Q: 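We have in hand a structure of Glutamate dehydrogenase carrying hexachlorophene.
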Amino acid sequence: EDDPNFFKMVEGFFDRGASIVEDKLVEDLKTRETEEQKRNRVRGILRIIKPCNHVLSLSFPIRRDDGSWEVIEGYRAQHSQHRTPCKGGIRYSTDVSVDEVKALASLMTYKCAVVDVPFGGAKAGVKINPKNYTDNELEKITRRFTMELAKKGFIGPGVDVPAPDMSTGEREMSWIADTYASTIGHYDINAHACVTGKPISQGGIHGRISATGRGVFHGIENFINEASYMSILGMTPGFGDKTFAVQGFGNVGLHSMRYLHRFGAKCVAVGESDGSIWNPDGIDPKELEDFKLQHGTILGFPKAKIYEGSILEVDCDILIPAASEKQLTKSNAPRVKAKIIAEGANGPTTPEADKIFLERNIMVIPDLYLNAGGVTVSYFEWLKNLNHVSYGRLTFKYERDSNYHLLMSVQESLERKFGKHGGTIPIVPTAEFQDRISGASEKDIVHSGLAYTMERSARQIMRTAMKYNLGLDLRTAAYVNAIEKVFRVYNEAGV
Amino acid sequence: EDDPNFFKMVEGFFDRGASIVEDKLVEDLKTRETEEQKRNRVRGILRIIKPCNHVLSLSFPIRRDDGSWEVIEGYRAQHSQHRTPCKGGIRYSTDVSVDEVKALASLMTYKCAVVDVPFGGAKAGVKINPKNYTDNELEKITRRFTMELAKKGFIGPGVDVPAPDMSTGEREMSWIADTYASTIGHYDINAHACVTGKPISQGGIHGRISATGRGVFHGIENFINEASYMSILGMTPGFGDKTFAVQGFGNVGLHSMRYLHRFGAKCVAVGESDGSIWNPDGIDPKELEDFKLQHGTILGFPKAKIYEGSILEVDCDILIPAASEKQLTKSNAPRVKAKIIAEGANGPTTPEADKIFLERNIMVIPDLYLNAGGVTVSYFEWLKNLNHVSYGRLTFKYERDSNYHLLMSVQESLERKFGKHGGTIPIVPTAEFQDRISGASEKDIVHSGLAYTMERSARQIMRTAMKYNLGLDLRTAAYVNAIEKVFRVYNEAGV
Amino acid sequence: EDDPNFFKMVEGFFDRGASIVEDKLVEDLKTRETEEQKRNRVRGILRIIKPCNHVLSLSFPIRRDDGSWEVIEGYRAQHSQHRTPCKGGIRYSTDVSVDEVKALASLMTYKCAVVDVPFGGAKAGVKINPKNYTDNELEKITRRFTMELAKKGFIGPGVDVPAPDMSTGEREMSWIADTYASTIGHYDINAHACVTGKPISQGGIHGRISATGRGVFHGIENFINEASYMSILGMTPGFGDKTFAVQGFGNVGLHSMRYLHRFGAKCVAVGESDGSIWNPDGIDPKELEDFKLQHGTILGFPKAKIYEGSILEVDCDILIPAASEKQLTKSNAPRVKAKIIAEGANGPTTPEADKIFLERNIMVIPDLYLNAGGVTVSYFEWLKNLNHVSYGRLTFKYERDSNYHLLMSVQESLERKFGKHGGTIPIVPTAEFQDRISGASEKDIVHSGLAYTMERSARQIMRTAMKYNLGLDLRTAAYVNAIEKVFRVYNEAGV
Ligand SMILES: NC(=O)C1=CN([C@@H]2O[C@H](COP(=O)(O)OP(=O)(O)OC[C@H]3O[C@@H](n4cnc5c(N)ncnc54)[C@H](OP(=O)(O)O)[C@@H]3O)[C@@H](O)[C@H]2O)C=CC1
Ligand SMILES: NC(=O)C1=CN([C@@H]2O[C@H](COP(=O)(O)OP(=O)(O)OC[C@H]3O[C@@H](n4cnc5c(N)ncnc54)[C@H](OP(=O)(O)O)[C@@H]3O)[C@@H](O)[C@H]2O)C=CC1
Ligand SMILES: NC(=O)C1=CN([C@@H]2O[C@H](COP(=O)(O)OP(=O)(O)OC[C@H]3O[C@@H](n4cnc5c(N)ncnc54)[C@H](OP(=O)(O)O)[C@@H]3O)[C@@H](O)[C@H]2O)C=CC1
Ligand SMILES: Nc1nc2c(ncn2[C@@H]2O[C@H](COP(=O)(O)OP(=O)(O)OP(=O)(O)O)[C@@H](O)[C@H]2O)c(=O)[nH]1
Ligand SMILES: Nc1nc2c(ncn2[C@@H]2O[C@H](COP(=O)(O)OP(=O)(O)OP(=O)(O)O)[C@@H](O)[C@H]2O)c(=O)[nH]1
Ligand SMILES: Nc1nc2c(ncn2[C@@H]2O[C@H](COP(=O)(O)OP(=O)(O)OP(=O)(O)O)[C@@H](O)[C@H]2O)c(=O)[nH]1
Ligand SMILES: Oc1c(Cl)cc(Cl)c(Cl)c1Cc1c(O)c(Cl)cc(Cl)c1Cl
Ligand SMILES: Oc1c(Cl)cc(Cl)c(Cl)c1Cc1c(O)c(Cl)cc(Cl)c1Cl
Ligand SMILES: Oc1c(Cl)cc(Cl)c(Cl)c1Cc1c(O)c(Cl)cc(Cl)c1Cl
């Protein structure tokens with residue numbers, strides 16, 4: 001009950017936001033036939049943006065360990081190409097259908113527009129349940145899948161760059177890169193930039209794994225510290241006195257929990273497919289993770305009870321959906337308790353849940369902004385691959401020396417003016433500037449680059465929510481920017 | 001009522017035929033684990049054949065003559081690649097969906113297996129009604145469509161070679177070739193072999209337009225002259241005393257009517273979308289065509305009345321469906337009158353109509369054989385393009401001389417043995433051998449090559465219908481061969 | 001008269017400068033056969049530099065809006081490739097001939113040598129009068145032109161990178177990039193680096209439009225502030241008391257006027273093809289531009305009279321030719337009034353006008369230096385495209401933090417030495433260092449990079465004019481450096 005066509009579901013958000021700005025897009029336009037044919041031409045460009053450009057559907061055979069033949073299905077969709085290459089991960093699930101992949105792909109592009117990553121949207125899906133395949137079988141699958149994508153122009157450094165999503169980690173990325181760089185890209189100087197989310201030894205970048213969590217953190221942080229928004233929710237600014245619950249203890253889930261906890265937030269609930277756990281006094285990220293690693297499940301965790309009932313309904317301040325889509329529907333929407341909904345996963349709530357949450361006066365930080373930390377960091381990995389140099393190497397020593405001389409320049413100058421009367425005036429770095437004395441390292445850029453991006457995009461949305469009184473409809477605010485940016489292109493290039 | 005999903009409908013025919021042969025495919029197999037794991041491996045290979053390998057879905061913009069923006073959808077599916085390149089036409093219709101294109105694509109491959117054309121199956125569709133677009137708009141569409149196909153490996157001399165289908169003629173093929181050879185294939189020595197059904201001046205081959213009609217003729221001819229099959233129908237062999245009716249006065253329809261009429265068959269009905277016409281005394285192909293060209297419709301034709309009622313039900317000997325799919329369904333099936341059903345179009349009858357026709361004892365010459373004359377000739381065009389010489393050029397003079405000497409060798413020899421007593425014994429060619437004195441021409445090869453193929457494939461099917469007592473279930477007989485052939489490749493190819 | 005072959009005209013400047021340095025190029029040379037065969041080998045290398053390497057001549061058809069067929073001609077020349085790729089704009093005019101394109105191409109390479117941009121010279125021309133073609137027809141032309149260039153290796157990220165010139169702006173560049181990245185470069189990770197001067201939304205860079213004007217400004221600034229040169233002209237250093245007149249109110253014209261005016265210079269005349277305008281009290285850049293945009297011409301401008309007579313002869317301090325070539329010839333040369341000639345356009349003055357201006361003691365700042373600001377900025381755009389990151393993104397936050405700590409390091413140190421006695425010694429940034437606290441942004445690098453380059457190259461020329469007493473023959477000084485740099489390269493290469 002309340003199950004909408006994910007693709008159209010996203011189109012819904014797009015159209016809603018399209019209207020809001022349609023007027024501006026016509027005013028800025030300065031063409032000759034100034035008459036409202038301008039208004040049609042804008043609507044024409046919009047009708048062009050909405051649909052995917054290329055969608056590849058695969059069906060290929062693999063040989064099961066038991067010697068039998070099985071046909072596996074997979075898809076890869078390229079939504080837009082107003083920016084090259086396309087970006088978007090690969091989800092391994094039995095729920096993948098073209099409609100889903102087409103939707104996630106489109107979310108990737110608007111996602112990038114919000115966060116200013118120069119990539120068009122894309123997304124992949126292989127209809128399998130990894131839990132029923134041996135490691136050996138999976139590898140054969142992801143490798144062969146890379147090939148059939150390659151052969152048709154659906155993966156490449158300047159075409160389409162995959163990344164992780166559901167049930168795919170750096171292990172999968174690692175095989176993808178290897179297959180590509182060993183075959184199609186044997187001569188490509190940018191071969192390893194054909195995919196992101198790779199192991200660091202494979203050319204991955206620091207913190208891409210925890211990237212999304214760290215991003216989710218910044219997303220919330222930017223909003224839970226506004227008052228303008230916190231008042232409307234009857235909430236005190238700051239994390240120190242908040243309790244949250246998260247659906248999905250995975251890449252985006254685990255790390256989301258990790259960072260919030262790090263800033264005095266309390267995890268009162270954690271969920272999965274098998275069940276949810278709870279504890280009003282709070283659950284710890286590190287022991288839960290080790291229990292989960294050792295036992296392969298969160299159910300049974302000693303310092304917490306096996307909560308019976310919807311993880312999406314538990315009593316808390318912030319609800320973090322980090323599982324699959326449409327978890328928050330029209331049904332359960334009214335029974336959420338939480339004041340803040342930080343959309344960790346892509347499209348975890350239906351259009352109607354939004355509607356209800358708006359009325360219920362519960363703030364929903366949209367997915368296409370809140371979870372954009374993943375690509376922001378993937379983009380940094382991609383730049384790293386192109387550069388072929390790890391940040392800081394060429395300059396670590398030069399800056400260090402240069403910095404000590406800068407500091408020595410004020411010292412010797414002051415000793416000159418205040419003579420022997422002041423004796424020596426030692427100018428040493430503080431503990432903080434000491435940690436920076438050489439300049440930024442790879443770790444430093446990811447951390448601050450992400451932060452700069454999450455913060456900067458937050459303001460861009462807030463600023464918009466104001467200019468159009470969307471109040472707590474941040475999702476619409478977010479799409480306005482995406483459209484506003486993606487449009488400025490298609491317009492300025494003869495479509 | 002009864003209009004199943006097209007793709008599975010064809011899968012239906014495949015499975016049915018799969019069973020019939022499954023046994024043979026296991027007997028011929030000579031592997032080590034001779035136990036019936038052999039039977040699973042065969043079923044495994046079959047599960048692999050059935051689905052399409054690659055399906056590209058396009059969505060791109062074109063600029064309407066009135067200056068507006070419209071998004072047009074198109075698809076191209078590559079069913080199999082056990083043979084390279086893929087082959088199959090492009091249909092321009094508003095009824096094209098992936099399911100349809102996926103179906104037609106699969107029919108192309110089995111079609112080729114029956115007729116022995118070394119191509120894997122493929123098919124394209126662009127969701128538009130050509131009748132609502134100017135010539136200028138169409139060209140923009142077909143050209144841009146060729147590009148988006150090219151960019152993703154869905155058109156190329158050794159990859160996928162398109163051809164005509166519904167609402168696409170040599171005009172469209174001509175633009176396709178031009179776009180390709182002018183861009184992607186500028187350096188390809190086989191650039192113009194990227195598509196068939198081209199204008200002869202564009203590298204087309206003689207008779208490709210009337211190819212399918214001529215083929216349909218041969219298909220019927222091979223069966224309407226067996227007695228073995230004609231007896232079971234209570235019909236005298238030969239065309240001389242037969243009356244037929246055809247649904248669709250198009251490329252496959254018009255020419256089908258043309259050739260049958262040429263051999264003393266009488267066209268009593270012709271149909272279209274607007275309506276059907278009739279005349280028990282027979283309608284003439286040439287005057288109907290000129291009326292149709294001059295007036296843009298068959299309705300109103302002077303030497304015939306405007307028949308009210310289903311063209312598929314009119315009283316005649318042979319019913320030729322040359323329109324779209326599923327015309328003959330479970331409903332109207334029982335009211336057909338005709339004894340012979342020559343499937344001109346692809347899949348014009350549902351699985352149940354078959355069933356009824358079997359019982360009703362009405363012979364149905366399957367589409368995947370009867371209309372294979374098109375690709376057989378397309379294949380000849382493709383070979384012509386690769387050869388870069390039209391049949392006969394290099395040898396016309398040599399054979400002519402060589403032949404006159406061969407004939408002169410018996411002459412001078414006989415004059416030698418019978419001396420002056422017999423005087424001169426002139427050895428001149430007959431009128432027939434004179435027409436061949438130089439050897440086969442492009443026209444000659446198409447005509448006899450087609451004939452050789454239609455006939456040879458007919459026997460292959462008949463021969464099969466006997467070995468498995470399918471009697472009048474020729475469709476199943478046809479699929480048995482297709483499967484039987486497509487199989488061997490995969491078996492010993494490394495699957 | 002005085003209408004020489006634009007190509008030889010430039011060759012003239014080259015030979016003249018060739019001689020001046022020939023001696024040095026032989027002295028530095030340290031080969032075995034030290035005898036003056038060295039002097040032949042240098043002359044041999046020079047005979048090799050002078051001519052273009054590849055010149056493509058195009059002739060292709062376009063379809064006029066009124067349905068008719070017209071053949072359009074175009075050329076693209078690649079002068080040198082001692083540096084890859086080639087660089088140089090596209091001029092849309094009816095005056096384009098191979099000789100012109102070959103000339104402008106050669107000016108591009110020496111232009112780059114003076115300014116240190118690692119590109120060999122190139123240039124294009126399409127023989128049409130844009131003023132007689134609709135926007136729709138132009139686009140068809142520029143797109144099809146990009147294709148015919150592509151097909152033959154005359155456009156590509158690492159081959160030949162076009163840019164704007166006469167009657168071509170970012171609109172044309174935008175279509176060029178689009179056609180390339182959508183076809184030939186669909187897989188190129190550097191596809192959008194196939195051309196510069198693109199809209200910013202298309203990957204353009206900040207200030208490339210006003211780049212040349214800004215450059216022209218710096219060019220003059222570096223010379224109008226030397227005294228060494230200002231004395232010889234009987235002129236006070238500085239812009240504050242100068243009046244200039246410019247021929248051509250276009251990309252290079254308008255912005256040239258803009259920047260000079262910004263620094264207290266007074267525009268007393270502005271010209272075009274239809275006519276010139278004047279005002280001894282000065283004309284304003286902003287109102288003239290708006291009049292020109294609204295009315296499509298400068299003639300009629302309220303705050304100025306319609307000057308009857310040559311714009312190249314008006315009374316002023318500095319004459320800025322920003323129109324086509326050979327405007328200042330032997331004829332009108334003696335009647336110029338201005339003391340300074342800032343060659344904005346490429347080769348606006350004939351070899352003899354030079355001669356006269358030398359005698360007349362009028363300083364001519366050579367085109368191949370003065371207007372090099374365009375490529376310098378185009379080069380920055382190209383680097384931007386390769387980098388796939390806009391300057392500053394990765395480091396904005398890190399530097400800002402790092403800087404506050406640097407400043408905090410002196411603060412905490414001083415508070416330590418001067419204890420409570422000095423209380424807090426707050427170390428805050430000035431307004432200027434505040435504007436830089438995060439580091440350079442894209443805007444910052446273009447502006448200072450251009451300045452660094454214009455200034456540095458000015459000194460290189462002055463320094464040379466001295467070592468060879470060319471006094472006011474800066475053109476010859478400029479070519480000496482170009483040759484001196486390019487030669488070295490063909491030298492050490494294996495030729
Ligand atoms: N790098 C990334 O992976 C990124 C992902 N995202 C977003 O987050 C989501 C991806 O999470 P990833 O795929 O990152 O998570 P990972 O697969 O690790 O998440 C694993 C967890 O998800 C739980 N889970 C799955 N389905 C449900 C469900 N219906 N209800 C409750 N729990 C469930 C699993 O339980 P079980 O194991 O029993 O299924 C498991 O504990 C995507 O939708 C995407 O939009 C965004 C940016 C980065
Ligand atoms: N080279 C080829 O074209 C080949 C074609 N074929 C087969 O023939 C069919 C292709 O026909 P082409 O595409 O050759 O035909 P063309 O478009 O000429 O066929 C035109 C005729 O089809 C009629 N028609 C369309 N829809 C219907 C309908 N729903 N009911 C009755 N009549 C209808 C049209 O009426 P109207 O004009 O008013 O729309 C017109 O008279 C395919 O299905 C294919 O399997 C097989 C091999 C080769
Ligand atoms: N990136 C760049 O664009 C660079 C440009 N340059 C130089 O500047 C020149 C380019 O100018 P752009 O092409 O920038 O100028 P744009 O075409 O805008 O210049 C337009 C102006 O040129 C005037 N004009 C053209 N021909 C004549 C003529 N015969 N007599 C008088 N006025 C004339 C036009 O008048 P009207 O409109 O009535 O024809 C118009 O006002 C080039 O030759 C180039 O070497 C230098 C460096 C880089
Ligand atoms: N998968 C996973 N890795 C973790 C986790 N916590 C820490 N890591 C580690 O991240 C490590 C390197 O971290 P760098 O300092 O050394 O980590 P960091 O940037 O300070 O981590 P954050 O403070 O969360 O941003 C790796 O060696 C991982 O073991 C976790 O909860 N899950
Ligand atoms: N539409 C149509 N085309 C025809 C017909 N007859 C011949 N053609 C043409 O086939 C032409 C050249 O044909 P020929 O070499 O004379 O044909 P043919 O071998 O005698 O034709 P069949 O007799 O093989 O059809 C092409 O230009 C077609 O237009 C016809 O009755 N209808
Ligand atoms: N390119 C251009 N821009 C103009 C002109 N006149 C006004 N503008 C304004 O340029 C504005 C943005 O200017 P900026 O990019 O910040 O200018 P800038 O690079 O600091 O300008 P300069 O310091 O002269 O190079 C827009 O909002 C326009 O309204 C003109 O003649 N040419
Ligand atoms: O140039 C390539 C490469 Cl190296 C890989 C792929 Cl998948 C594609 Cl498609 C191309 C471009 C290309 C080709 O290289 C060839 Cl020989 C044929 C085609 Cl129809 C196309 Cl479009
Ligand atoms: O060359 C390519 C590349 Cl490298 C990518 C793509 Cl997608 C396409 Cl379509 C082409 C085909 C192509 C072209 O698009 C053009 Cl204009 C010229 C050539 Cl001689 C070639 Cl071979
Ligand atoms: O790719 C070719 C081919 Cl097949 C032939 C030639 Cl004579 C050349 Cl020199 C190339 C190099 C080349 C290319 O590799 C691409 Cl992609 C485009 C272009 Cl216009 C060109 Cl000239």
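Chain A is the first sequence line, chain B the second, and so forth, proteins listed ahead of strands; every chain is numbered from 1. Indexing begins at 1, ligand by ligand and atom by atom, following the structure's order. We use all heavy atoms of the structure for the numbers below, so side chains are in, but hydrogens, waters and symmetry mates are not. Cropped entry; intra-crop contacts only.
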Q: Where do all copies of hexachlorophene turn up in this model?
A: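 It corresponds to ligands 7, 8 and 9.
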Q: Can you give me the letters of other chains with a heavy atom under 4.0 Å from hexachlorophene (ligand 8)?
A: B, C
Q: What neighbouring ligands or ions lie under 4.0 Å from hexachlorophene (ligand 8)?
A: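 Other ligands or ions: ligand 9 (hexachlorophene).
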Q: Which UniProt-listed GTP-binding residues of chain C does hexachlorophene (ligand 8) come within less than 4.0 Å of, going by heavy atoms?
A: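 Of the UniProt GTP binders, heavy-atom contact within 4.0 Å holds for none.
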Q: Report all residues and nucleotides of other chains within 4.0 Å of hexachlorophene (ligand 8) (non-hydrogen atoms).
A: B/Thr183, B/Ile184, B/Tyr187, C/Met147, C/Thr183, C/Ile184, C/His186, C/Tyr187
